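Depicted below, glecaprevir in association with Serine protease/helicase NS3.
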Amino acid sequence: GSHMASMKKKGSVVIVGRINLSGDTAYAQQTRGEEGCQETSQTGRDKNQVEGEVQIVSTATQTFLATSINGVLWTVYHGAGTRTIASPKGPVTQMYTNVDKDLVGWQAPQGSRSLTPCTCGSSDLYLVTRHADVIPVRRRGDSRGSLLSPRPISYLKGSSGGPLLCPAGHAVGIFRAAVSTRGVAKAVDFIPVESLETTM
Ligand SMILES: CC(C)(C)[C@@H]1NC(=O)O[C@@H]2CCC[C@H]2OC/C=C/C(F)(F)c2nc3ccccc3nc2O[C@@H]2C[C@@H](C(=O)N[C@]3(C(=O)NS(=O)(=O)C4(C)CC4)C[C@H]3C(F)F)N(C2)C1=O
Ligand SMILES: [Zn+2]
């Protein structure tokens, strides 16, 4: 538009839940409903206590995941764009932005826990989805892995930004895109943790 006085501001990304991995059972928890999410996106002020490594995040139009690794909350650019994230003292600007990698990052929220970058060199991985499904993935290249059991794309939608983990629970990568044919996801593409470590 040409009328700057009425130009709108995009809201903040908002943490609305988490994938609980602290015990023997993975499960999703919601920490904020849709109305409170809307309010928090506009103010950028989120007073909720943050816990865990994998957050469920939302904008006005999308929901996806974000994963703390080495004190940075990482997610995908196709979800967050250049948006700030809401925090107790207001909006927080991204400290990493790389559209070529489909990658953004903010300082990790106070109270969050960070995953350690994997140095195991192992190819037996586990994808964690927004529904707290743990999906075995065999690593097939620097940024690719195959599902041991393929599943319709619907079961992976909304899990970009989530982690691929090694058998020891280290972060190996961030889920970016799916490889699907006839609607069935047979493989996943992820941002390797080394690419995060280079971006850092
Ligand atoms: C056909 C398909 C499955 C839709 C698509 N496959 C696909 O493109 O595969 C090719 C071949 C193998 C790698 C990939 O190379 C292209 C790179 C794509 C990309 F990822 F780097 C990407 N960079 C962007 C940078 C800037 C702006 C937009 C971008 N858009 C991108 O990709 C787009 C988005 C990405 C996506 O849907 N991700 C997921 C997801 O859950 N999102 S989400 O949470 O619902 C949501 C949309 C709320 C945020 C995990 C997959 C879930 F659904 F399984 N896409 C399309 C796909 O996965
Ligand atoms: Zn490891």
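We count residues from 1, following the sequence as given. Whatever order the structure lists them in is the order used to number ligands and atoms, beginning at 1. Computed over heavy atoms, backbone and side chain alike; hydrogens, waters and symmetry mates excluded. Determination method: X-ray crystallography, 1.7 Å.
Across the structure, glecaprevir can be traced to ligand 1. In terms of protein heavy-atom proximity, atom 18 (C) of glecaprevir is nearest to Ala177 CB, 4.1 Å. The shortest contact between atom 3 (C) of glecaprevir and any protein heavy atom is with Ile153 CD1, 3.3 Å. Here the heavy atom of the protein found nearest to atom 22 (C) of glecaprevir is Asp102 OD2, 3.6 Å. The nearest protein atom to atom 42 (N) of glecaprevir, hydrogens excluded, is given as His78 NE2, 3.1 Å; this is a heavy-atom distance. Residue contacts with glecaprevir: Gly158 is placed with a nitrogen or oxygen under 3.5 Å of a nitrogen or oxygen of the ligand (distance criterion only).
Note: no N/O pair closer than 3.5 Å links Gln62 and glecaprevir by distance alone. In terms of N/O distances under 3.5 Å, glecaprevir is approached by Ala178. Heavy-atom proximity to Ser160, at under 4.0 Å, picks out these atoms of glecaprevir: 39 (C), 40 (C), 41 (O), 42 (N), 43 (S), 44 (O), 49 (C), 50 (C). The shortest N or O to N or O distance between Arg176 and glecaprevir is under 3.5 Å. Mapped onto UniProt domains, the residues of chain A touching glecaprevir mostly lie in Peptidase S29.
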